[PDB]
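This entry carries indapamide.
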Amino acid sequence: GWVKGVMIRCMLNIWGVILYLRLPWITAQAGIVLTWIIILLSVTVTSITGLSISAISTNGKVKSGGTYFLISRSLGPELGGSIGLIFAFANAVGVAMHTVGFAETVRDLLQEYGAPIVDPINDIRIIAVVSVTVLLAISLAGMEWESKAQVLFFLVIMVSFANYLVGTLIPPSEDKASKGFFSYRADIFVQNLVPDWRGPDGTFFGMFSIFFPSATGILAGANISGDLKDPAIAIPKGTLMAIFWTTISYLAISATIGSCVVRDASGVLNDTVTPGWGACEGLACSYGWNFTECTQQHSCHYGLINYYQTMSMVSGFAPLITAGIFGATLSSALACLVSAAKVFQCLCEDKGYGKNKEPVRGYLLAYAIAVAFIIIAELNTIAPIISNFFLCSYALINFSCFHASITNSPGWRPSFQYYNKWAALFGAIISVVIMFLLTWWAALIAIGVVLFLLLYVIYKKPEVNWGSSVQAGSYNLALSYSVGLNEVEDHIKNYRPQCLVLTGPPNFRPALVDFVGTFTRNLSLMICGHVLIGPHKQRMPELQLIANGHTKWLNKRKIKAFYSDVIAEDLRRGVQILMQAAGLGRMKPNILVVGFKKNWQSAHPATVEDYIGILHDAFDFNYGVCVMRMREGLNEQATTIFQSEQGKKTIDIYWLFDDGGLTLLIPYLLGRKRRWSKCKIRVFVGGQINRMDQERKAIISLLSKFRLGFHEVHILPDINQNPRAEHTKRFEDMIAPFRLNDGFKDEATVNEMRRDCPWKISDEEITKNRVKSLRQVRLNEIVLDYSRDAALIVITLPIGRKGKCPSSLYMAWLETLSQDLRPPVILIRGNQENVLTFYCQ
Amino acid sequence: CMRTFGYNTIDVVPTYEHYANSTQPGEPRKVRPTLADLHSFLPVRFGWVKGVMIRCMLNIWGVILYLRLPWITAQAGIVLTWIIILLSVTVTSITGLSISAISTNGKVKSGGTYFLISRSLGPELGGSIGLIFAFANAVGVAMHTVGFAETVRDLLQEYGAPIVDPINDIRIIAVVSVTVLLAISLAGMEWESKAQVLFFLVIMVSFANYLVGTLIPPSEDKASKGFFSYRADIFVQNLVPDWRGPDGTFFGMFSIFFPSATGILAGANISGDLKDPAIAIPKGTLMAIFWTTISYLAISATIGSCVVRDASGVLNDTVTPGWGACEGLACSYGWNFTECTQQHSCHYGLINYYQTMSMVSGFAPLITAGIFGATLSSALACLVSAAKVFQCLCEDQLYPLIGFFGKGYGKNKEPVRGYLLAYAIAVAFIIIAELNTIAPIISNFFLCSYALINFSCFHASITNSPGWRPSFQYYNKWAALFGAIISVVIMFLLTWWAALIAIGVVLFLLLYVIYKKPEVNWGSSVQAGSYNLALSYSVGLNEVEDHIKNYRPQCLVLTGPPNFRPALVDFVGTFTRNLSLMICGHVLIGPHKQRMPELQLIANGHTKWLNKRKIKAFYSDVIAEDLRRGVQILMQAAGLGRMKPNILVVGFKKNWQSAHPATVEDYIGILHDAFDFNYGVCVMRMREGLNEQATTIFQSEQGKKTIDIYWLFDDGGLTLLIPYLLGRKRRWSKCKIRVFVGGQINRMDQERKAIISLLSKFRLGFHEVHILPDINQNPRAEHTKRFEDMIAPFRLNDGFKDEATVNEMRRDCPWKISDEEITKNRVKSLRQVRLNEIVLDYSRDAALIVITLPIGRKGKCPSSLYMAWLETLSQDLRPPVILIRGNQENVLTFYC
Ligand SMILES: Nc1ncnc2c1ncn2[C@@H]1O[C@H](COP(=O)(O)OP(=O)(O)OP(=O)(O)O)[C@@H](O)[C@H]1O
Ligand SMILES: Nc1ncnc2c1ncn2[C@@H]1O[C@H](COP(=O)(O)OP(=O)(O)OP(=O)(O)O)[C@@H](O)[C@H]1O
Ligand SMILES: C[C@H]1Cc2ccccc2N1NC(=O)c1ccc(Cl)c(S(N)(=O)=O)c1
């Protein structure tokens, strides 16, 4: 935290490996004032970031677990996700860069003995792959060994720095002159005071970019901060102390480098001459080192910019310096990898491997990113990426903190004495400007990537992900989309038939379920209703098991539908309950499907009264109605007639009245399935005998505007003609036993006799509906000579006004329309509202 | 007798008018009877040849026909030109198939491409697409005009009479020409269509002239330039490629030729002016594409057989015997071009000359006329399309300021406003006269339009709503998807930075539209897709078996009108959001049973109100004679599959002391039924009362106040889950939870060890614990007196009555208490008053209070008595008070 987090492992991330290896080179190629200015700017950015980070962090009682968790809990998830993503990418890239640097340093140290294995560049790649793999192996080695090694590494770094200070001030010596050291010289400081450049990066902004990579203490105050036993007043003090120590130490090291170093070397130990014999001038006249040809032809084997590492030859204890620098770099790399792995795990903390169940997947992904970026093996190019990504993360964090302070977040009131919104705004602006100037295209691309991640990771749908399992995820998705459907409004183009099918137990009547499932499959909603008769105190354990078994039987058949059971005294009341309550939001039924009463004659008229009352209630609630009739009745698994292909047969529609199109829509959706996609479809309409031609061409035109693709049309001009004499008689015998026989008295004086049997007919009444009933039986004749071999028959259902059409007269009509056929007859009626259109709004 | 079917009843027969939503020559409009009346008691228009095909054909033909195609065929050979043409045709034909498929679904109105794309895909993408489309057309007009000016200036200089210089004459001529075009477009579509036919005639005459010229034997000038009439040897020569220069690669020729044929929407853009668009768009577009492709192939093949690749052009170079050494087949007909073909420096031939197709023909002014006509036709088409698209887009009022445009004029609504806007933009652009750095932007915009059209088709097909029924059935969705992908690929393959800019503009406009929240509804594939996903995921959840590991609190809240008691809604929504189902109930009494549109409107308004406060709940209403029956209905039937409630949340009836006793009877009956259904129960209570937007204490900050929990009965831990889930939020995060864990008062409490173990398993962070053993103690007799006073009015004073005859008096007054019951329920009535003593000494400054809800056996308690215990328990307290008792099921499965 302070060394392994601030100034040892964050040393190589602030003032360490990336400073103990190639800091003196930048300082020499820049000068004292320029290096001081770069250090000042970096320190300012880091200090503002650290102030904001600590002030935000110290808000509320702290429960350990991760800085990502803390930031998310303080600023919400919207910004927390983006912050975590940016930190993950930056940590992986930094691990890659530090590992490459350490491998290169180790390879050079080994090469100091003059023994090449493979090549200058390739060998570095091999060593780096080996080191990264070793870290991956040591991913889960131990816990307290880490702290022990941190203490040991801090001690070793301190000892190496002491040795470096002891050996740095080299007095006059041939061994020193071999490297160029000449101790203190005012002319040396004068030379350092001026600028000088060499290389493609010979621009001060290049020095700024190089220095930015080694400032991971402020982040160390953000990512290496949440390890304080007393979280109250532990964090900010550590941040300030680490930052100040780093700054002072860096300034001192730069001062020593500029004081006791030279900018040129010789390359030959005994390269000296006498006065007047051979070129010799400059301050080298003290040690006779001329490089005029060497200066001209970039001939500096050793020197400030000539050689990358001057301190290694400047310190007396070379092995100690090498060992300490290598240890510091390894510690920094391990810390960064640990941080990225923690980010991944804490993201997935709530598959698990081993006790901790740690996410090996995230650490493996971090290793993948680091290995992908580490093959290049060049610090000069790599470091700018680290600087840019880290600066983007820090700027986003500070700006978000300032925004939260400004907007008065619901639960934002951090207790930081020195916190101020204006400082956050200033830091955001300055950081943005510096990131833009450092490298235009790269920084802009990173900003665009960050914006994409911030916009496109907050519309996922299941934003919680509770209880990782199958049932849990399924429930989460179902809830998310069901709630989402609430904001979307309704339009005619997207009408859908939601069906409530009265099946009772589904294993008693499978024809209805087959027929409805045919045309509703993955297009709209289907519910199967079951009413339980009798009074009982519900609850009980067995009802749930019964429902579960019914749903299992349903599932085994590959039928998408929901089962549902209710308790009521009688069928009508349970049906009312189902019609009024069942559904969710906009997924609620609007059509009722009911079977035919095969034996309505040998039964108590009370049952018939209730049956007709069901239809009356359905019409009251604005539903559509469908009555299905089979010749044989409806009451491994059984096999039905809708599970075997139909063939070339026809579908016959008798559209006699306008309902809104429901009579036409149901057959259209049914022929769109590969079971009824070979049947030709016929439409019958009534008309006139003296205008048959002007009626055929008109209905055909209307059919083409709905774009339903139906084949033929036929007109019927004789629907008013008198029925046969032997057929109109069969209608009288059918209703004979329902004649109250009081058709000579006041309608006031016929309501009393109906209070015990409100299902009779009045001789007055039969005189008003005489015409209508005749048209009912005449229709049956028309269907028998037209549709004796069809695969389906559809007819519009007639309506009777409540209070003027007893339950017995109504039941006498539907039985007449459908008789003597081999019927899959369907009688349909819409709610008197358009469900089709020929318009695009 | 013989009379129309329908004259003797109330029901009407089907007819066109019942579905037509417009006026008519017949002013009185017709409607069919509503279900309540049957139930219940007591203008110049163009065809397809002149309105679609001619426009598209003119728009496709350009200037590469005369000045570039022969050079391309000389550089690449016949076969490679044919392949390039074929690829371009595949892309264009697929796009045309998609547009035809989308164009026939209902009646299309004015608006062209924008109308189709938007109304069939949704306003959000349609707005940005329309904006960019109009801009692109308004710039293409200027591009074509500058091209025409270039041709005129080049000819005039050829005749040797220049005015100022290459750069200023272009400006002047272009300005004058654009002015003339603007003048033409304002005179009406009749004059506009006449000029199109005139230009078509001129181009046809040019084609015929070239064809006739390509036949006559060659003269001396033509012979010394490479023209020799159809010769099999030249044709044989001219099939292999011969690349030359920096621009000699297959990619280069494809990039040159591809933009030349992409103007295929020139006829659909005037869709508002057609006779029958659904029979006029597809046929015209396909025929135009076919004819243009035939013409391109014919030109390529014919020219590739008459001209040699090189020719000196000097008449003296003829082959006489003695001088020169002939090479190539040019010396088979008696001509010698050894010199230049050796040094590679002559200026004639197919691969070195640009105006070859005018040399071959018999009269060059005809070719000049052809170029003029092509350029001018393109400019006119672009102008008209841009004006119409802009008028239609500005009609819909989707942007803040551009609405000024959209005012029509006499008879046909003619947007002179948009005409002037586009003319001014075109002038401001033609002033520059240098546009080679502005062309790729426009091309990529057009390609984006292609991609959007194709994706609209594919998405509509894949969703497959019952309202998707097109008459044109000669397409396929996979091909459309491939077309959109290849469109974007080509975009990024032409010029990458322009593609980046185009896609960025599309994205930014889409974001602004989505943020603006349009106020219109037309019916799109997106809404149908949302229904699709809801249904599919519900079915998926239902498919899986049932198991205990997915407990969640699913609540039905009795709230009546949602905006009456908002505190209950806010409290439940606080801990329900993103985690479980919430439902709002409302019982309307109603005589009888019916549903009129008033109920539908009221419900839609309630749903809008609920969705306007960031609340996730379903609103449901029922009709019943009293409250108990409606609550029974909702408890029995609400839900779907697995998502159904298992907790009931109700508010306190603070006016129970002054009310007809049957009301409190039904309240307690509601509680008893809920208990009997295996539910959990929550009773909410506040000191004031529960009955733009109004505020509430549940939507404000809390600070550091504490929460007190009084756990006296082990019911499954629901008494602890609700307070716990309310402490993971950003508004209760600083509150401290105090637990007064009389661990199990009547539940075999644990003294010290197990008390902190159960709460430990709840990962609650419990920060404090206390012990209350003094329940039995005698409460201050002063407080007991307050209890006898309220129970007095319900006394039956039946001490001397037998237990058999006591039931007699209750057949009319079931609420009243008995005497034997007072002495029977005495010890259990002292705990309530005594417990109220303790609470009034700790949680007097506590944000919330939670206590275990007492219970009662049916019949063993008089109803009015049980309502006395509730009042005494929670009374004289400032904060909101919650009483809970769980279903007695393990709620510990919720954790992960
Ligand atoms: N318990 C029930 N739940 C839901 N609907 C029912 C129930 N019982 C009957 N129905 C509906 O009533 C219709 C037919 O009435 P009913 O069953 O009395 O005639 P049925 O089928 O001939 O009788 P049965 O099978 O006894 O001969 C069925 O198609 C069904 O829709
Ligand atoms: N129509 C209704 N639908 C659903 N719940 C209702 C309805 N009417 C009342 N309630 C519920 O019954 C509870 C008690 O209401 P009651 O009318 O018994 O006393 P109250 O004093 O009117 O209650 P409040 O002061 O909360 O309105 C309320 O908290 C409310 O949640
Ligand atoms: C971009 C300019 C410049 C140019 C140069 C050559 C060929 C066409 C051409 N223009 N493009 C068009 O005319 C064009 C392209 C695509 C489309 Cl759909 C259309 S349009 N008017 O059909 O909508 C026009």
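A, B, C, ... go to the sequence lines in the order they are written. Shown for chain A, in order and in the PDB entry numbering: 136-485, 496-780, 815-1020. We're sticking with the PDB entry numbering for chain B, so the shown stretch reads 52-93, 132-780, 815-1019, in order. Counting starts at 1 for both ligands and their atoms, in listed order. The analysis underlying the following values was restricted to heavy atoms, covering all of them including side chains, and did not include hydrogens, waters or symmetry mates.
Every copy of indapamide included, the relevant parts of the model are ligand 3.
Counting heavy-atom pairs under 4.5 Å, the chain with the most contacts to indapamide (ligand 3) is listed in the PDB entry as Solute carrier family 12 member 3. Counting only heavy atoms under 4.0 Å, the other chains near indapamide (ligand 3) are B.
Scanning the protein heavy atoms around atom 7 (C) of indapamide (ligand 3), the nearest turns out to be B:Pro348 O, 3.7 Å. Those atoms of indapamide (ligand 3) that come under 4.0 Å of a heavy atom in B:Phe222, given as number and element, are 23 (O). When each atom of indapamide (ligand 3) is checked for a heavy atom of B:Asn226 under 4.0 Å away, the hits are 21 (N), 23 (O). Using 4.0 Å as the cut-off, no other ligands or ions neighbour indapamide (ligand 3).
At a heavy-atom distance under 4.0 Å, no atom of B:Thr202 approaches indapamide (ligand 3). Taking any N or O of B:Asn148, backbone or side chain, at least one lies under 3.5 Å from an N or O belonging to indapamide (ligand 3).
Distances from atom 17 (C) of indapamide (ligand 3) to the heavy atoms of B:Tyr539, B:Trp150, B:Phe535 show the closest one on B:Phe535.
Near B:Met232, meaning under 4.0 Å from one of its heavy atoms, indapamide (ligand 3) places the atoms 1 (C), 2 (C), 3 (C). Atom 9 (C) of indapamide (ligand 3) is flagged as protein-proximal [any protein heavy atom, distance under 4.0 Å]. Set against the non-hydrogen atoms of B:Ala355, the atoms of indapamide (ligand 3) under 4.0 Å away are 22 (O). The shortest N/O to N/O separation between B:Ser532 and indapamide (ligand 3) does not fall below 3.5 Å. Here the heavy atom of the protein found nearest to atom 5 (C) of indapamide (ligand 3) is B:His233 NE2, 4.4 Å.
Counting only heavy atoms of the protein, atom 16 (C) of indapamide (ligand 3) lies nearest to B:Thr351 O, 3.4 Å. For indapamide (ligand 3), the residues with heavy atoms nearer than 4.0 Å are B:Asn148, B:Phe222, B:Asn226, B:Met232, B:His233, B:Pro348, B:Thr351, B:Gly352, B:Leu354, B:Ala355, B:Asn358, B:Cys471, B:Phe535.
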What does the N/O contact table under 3.5 Å look like for indapamide (ligand 3)?
{"unit_1": "indapamide (ligand 3)", "atom_1": "10 (N)", "unit_2": "B:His233", "atom_2": "NE2", "d": "3.4"}
{"unit_1": "indapamide (ligand 3)", "atom_1": "21 (N)", "unit_2": "B:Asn148", "atom_2": "OD1", "d": "3.3"}
{"unit_1": "indapamide (ligand 3)", "atom_1": "21 (N)", "unit_2": "B:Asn226", "atom_2": "OD1", "d": "3.2"}
{"unit_1": "indapamide (ligand 3)", "atom_1": "22 (O)", "unit_2": "B:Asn148", "atom_2": "OD1", "d": "3.3"}
{"unit_1": "indapamide (ligand 3)", "atom_1": "22 (O)", "unit_2": "B:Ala355", "atom_2": "N", "d": "3.4"}

